[PDB]
K.L.:
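Our group is looking at a structure that contains zoledronic acid; some questions.
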Amino acid sequence: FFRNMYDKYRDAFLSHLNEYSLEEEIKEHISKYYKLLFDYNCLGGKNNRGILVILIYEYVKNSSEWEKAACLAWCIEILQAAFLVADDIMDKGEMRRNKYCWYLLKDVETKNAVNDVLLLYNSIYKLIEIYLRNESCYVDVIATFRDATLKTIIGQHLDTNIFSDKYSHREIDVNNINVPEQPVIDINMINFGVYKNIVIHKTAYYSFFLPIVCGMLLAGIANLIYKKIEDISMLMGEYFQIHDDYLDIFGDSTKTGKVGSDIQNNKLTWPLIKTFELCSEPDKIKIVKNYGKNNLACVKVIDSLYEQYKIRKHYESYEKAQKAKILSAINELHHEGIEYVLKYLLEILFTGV
Amino acid sequence: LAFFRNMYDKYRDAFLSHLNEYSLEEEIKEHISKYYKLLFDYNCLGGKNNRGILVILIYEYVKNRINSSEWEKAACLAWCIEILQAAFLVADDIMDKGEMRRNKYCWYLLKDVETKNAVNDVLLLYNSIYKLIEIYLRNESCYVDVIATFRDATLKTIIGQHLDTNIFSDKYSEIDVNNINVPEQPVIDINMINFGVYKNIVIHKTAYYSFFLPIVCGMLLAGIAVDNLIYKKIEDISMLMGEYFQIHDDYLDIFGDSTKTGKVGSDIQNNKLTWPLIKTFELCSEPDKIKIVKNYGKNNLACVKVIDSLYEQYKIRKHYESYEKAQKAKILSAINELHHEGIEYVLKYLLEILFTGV
Ligand SMILES: O=P(O)(O)C(O)(Cn1ccnc1)P(=O)(O)O
Ligand SMILES: O=P(O)(O)C(O)(Cn1ccnc1)P(=O)(O)O
Ligand SMILES: C=C(C)CCOP(=O)(O)OP(=O)(O)O
Ligand SMILES: C=C(C)CCOP(=O)(O)OP(=O)(O)O
Ligand SMILES: [Mg+2]
Ligand SMILES: [Mg+2]
Ligand SMILES: [Mg+2]
Ligand SMILES: [Mg+2]
Ligand SMILES: [Mg+2]
Ligand SMILES: [Mg+2]
């Protein structure tokens, strides 16, 4: 039903903008643009986050109560949209959900895309106000979105700068606008400790913690269960991001809906760390020389090393062991309702529905 | 006001401290602190601080004097509007291909930053506000009213920034979801060159976050009830002031000195619907309208020189001076209708320091 409800939350927000003191023709233009900004970026995904709000709420506890839950559910889908528009600018994305990235469109470009990230982000809080301002969890829901957003921003910053020169005794150069940085990996950062730090922040909080907490706050949970949920969410985000990093190398872009770019974008990935952990000293030198380069021969070397050190096999073994670790933590929850949803989510996570 | 200048470090370090509580390795926490301290210092400092100072003054002149704990909450809100200014200017300079901001290179231009960090940093600066309002005002009765004013002021600014950026775009003069290879050739839309459309843009991109938001912050914190009719009068004065302030800005883009303004002029080449463009279109001959269509929105010296020459020809400097004189009077007349001596002094004073600061 949540999928039918989409139009309702979008049109509620578009109606808010239509109340602005603008000339009728200008209101018509802004409606056309923003309807597309929402449809294009909120639709086409698995909707795992939104569906998770709906299920957690149902299994913790009418149409009026569903109107509030589906609002929160669509707000996380709007947050996903905001983060993916910004991520694709940052990661020089080509494709998103089998459509061109929003920032690439000649009618949009980076100039609109930056402004649109802020619009999508701010639409959430207007929608929570419209549907939940008189709820007791209202300020607690507002704070959950803000804290999970702040954590994602830090994660995105680490993902984007972990190998940067400013981090590899000297300070950021405020006088350099002409000498580009040559991306090189920092071997001191190639460890799972650093990787887990990035991954819990850029994915776990907004993808797992935020939807579960939304459903729980709305259903009325005040409680030490929230720390257990936080810990499961971290295990789940790590598991989900490792699979994503796997797909960037071994996935099919027609199936994933996006084009792989981590080797050329100098990302600290799970396949990188796993390879560094297993490979020979000359192969470490090969990685340093060829990683972080938007050049076919360079990415081919890295890709060949991922085949050589059987990264596909190590991932399969990781997934098996991490799913067990997640299930073991879920069993310690002592809440049958939440446990069913989380066990179910774990099964559909990579496929959706 | 002295409390404001000196308490910057306090709000900056309170937010930095919040991030230092994250589950991160000690060396990674040290790197995040170094980066974010600079993102705040570089983009929150160097301005007139008119918005922040306005919160401080409105609060002071609404109340009957104020303890340090009350000042801590006012200066928080004041610095939060300076952080909002920082977020909006960082994004604005990406959109407008800015070169200089407050006599320093724009943040997005730095090789250690770039657009990839700048976009993420706009979101950080924006979200830092709400964390700071929570830390210092969560137990206040105006708490929900303050965060709602920030988000509505921001939503209105985003719409104006969109109109400022797309008013002359082909999609407005259906959006093509299949075109990522055929660039749009920037052209002015003569049907949009009117003050009606101009006021719609400037009221949204400037008046709400620059005038309405800081006055309402000081008023909500001082305890004026959200149902009070004075808030609509303030909204109307803020619109008059926002329009007045933006027109002066457009004036400075052509006639200002970049060492004094701290920024390099670009509205002609960036194809903006400005006050000098509308005033010239209103006064000029049909062949001069053709000259504008042919030479505006072109990053080319000869093309910009034509537009500059037309602004000298139609005495835009003189028409601006006549506008400023008439708009200042209209603002003062609306201020006199407030029936609040405290707010009236602050707004009269603001109107004097608006272009200089202090
Ligand atoms: O690999 P990323 O972190 O950029 C990604 O997973 C998106 N993302 C953004 C934040 N967390 C995850 P995507 O591979 O979809 O481009
Ligand atoms: O001319 P803009 O509106 O882009 C500007 O005034 C910034 N701005 C952005 C919104 N309102 C004002 P700036 O000339 O400082 O680059
Ligand atoms: C956050 C990660 C790891 C990848 C993007 O999220 P999803 O894979 O949930 O994207 P959609 O289903 O929303 O397309
Ligand atoms: C919003 C407009 C019109 C120009 C930028 O604002 P300011 O001129 O107040 O900028 P700073 O004082 O903050 O540099
Ligand atoms: Mg990314
Ligand atoms: Mg990406
Ligand atoms: Mg990925
Ligand atoms: Mg600008
Ligand atoms: Mg601008
Ligand atoms: Mg300007």
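The chain called A is the first sequence line; B is the second; the pattern continues. Numbering, chain A: per the PDB entry, residues 36-96, 101-207, 210-263, 266-396 in sequence. Quick note: numbers on chain B are straight from the PDB entry, i.e. 34-98, 100-207, 212-396, in order. For this deposited structure, the header notes the method as X-ray crystallography, 2.5 Å. Indexing begins at 1, ligand by ligand and atom by atom, following the structure's order. Basis for what follows: all heavy atoms, side chains included, without hydrogens, waters or symmetry-related copies.
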K.L.:
Where do all copies of zoledronic acid show up in the model?
P.N.:
ligands 1 and 2
K.L.:
Write down the name, per the PDB entry, of the macromolecule bound to zoledronic acid (ligand 2) with the most contacts.
P.N.:
Farnesyl pyrophosphate synthase
K.L.:
Quick one: other chains with a heavy atom closer than 4.0 Å to zoledronic acid (ligand 2), which letters?
P.N.:
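Based on heavy atoms, that gives B.
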K.L.:
With heavy-atom distances below 4.0 Å as the criterion, list the atoms of zoledronic acid (ligand 2) near B/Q195.
P.N.:
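Matching atoms, with element in brackets: 9 (C), 10 (C).
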K.L.:
May I ask you to list the atoms of zoledronic acid (ligand 2) that are less than 4.0 angstrom from any heavy atom of B/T244?
P.N.:
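The list of qualifying atoms is 11 (N), 12 (C).
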K.L.:
Among all protein heavy atoms in this structure, tell me which lies nearest to atom 14 (O) of zoledronic acid (ligand 2), with the distance rounded to 0.1 Å.
P.N.:
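Sorting protein heavy atoms by distance from atom 14 (O) of zoledronic acid (ligand 2) puts B/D287 OD2, 3.2 Å first.
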K.L.:
Among all protein heavy atoms, pick out the one at the shortest distance from atom 16 (O) of zoledronic acid (ligand 2); state its residue, atom name and that distance to 0.1 Å.
P.N.:
B/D126 OD2, 2.8 Å
K.L.:
Looking only at N/O atoms, are B/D130 and zoledronic acid (ligand 2) under 3.5 Å apart anywhere?
P.N.:
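Between B/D130 and zoledronic acid (ligand 2), an N or O pair is found under 3.5 Å apart.
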K.L.:
Any idea which protein heavy atom is nearest atom 15 (O) of zoledronic acid (ligand 2), and the distance to it?
P.N.:
B/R135 NH2, 2.5 Å
K.L.:
Quick one: does zoledronic acid (ligand 2) sit under 4.0 Å from the side chain of B/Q284, the backbone, both or neither, non-hydrogen atoms only?
P.N.:
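Contact part for B/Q284 vs zoledronic acid (ligand 2): side chain (C-beta onward).
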K.L.:
Determine, considering heavy atoms only, which of B/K301, B/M129, B/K243, B/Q119 sits nearest to atom 13 (P) of zoledronic acid (ligand 2).
P.N.:
B/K301
K.L.:
Which residues, given by chain and number, touch zoledronic acid (ligand 2) within 4.0 Å on a heavy-atom basis?
P.N.:
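Within 4.0 Å on heavy atoms: B/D126, B/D130, B/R135, B/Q195, B/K243, B/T244, B/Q284, B/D287, B/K301.
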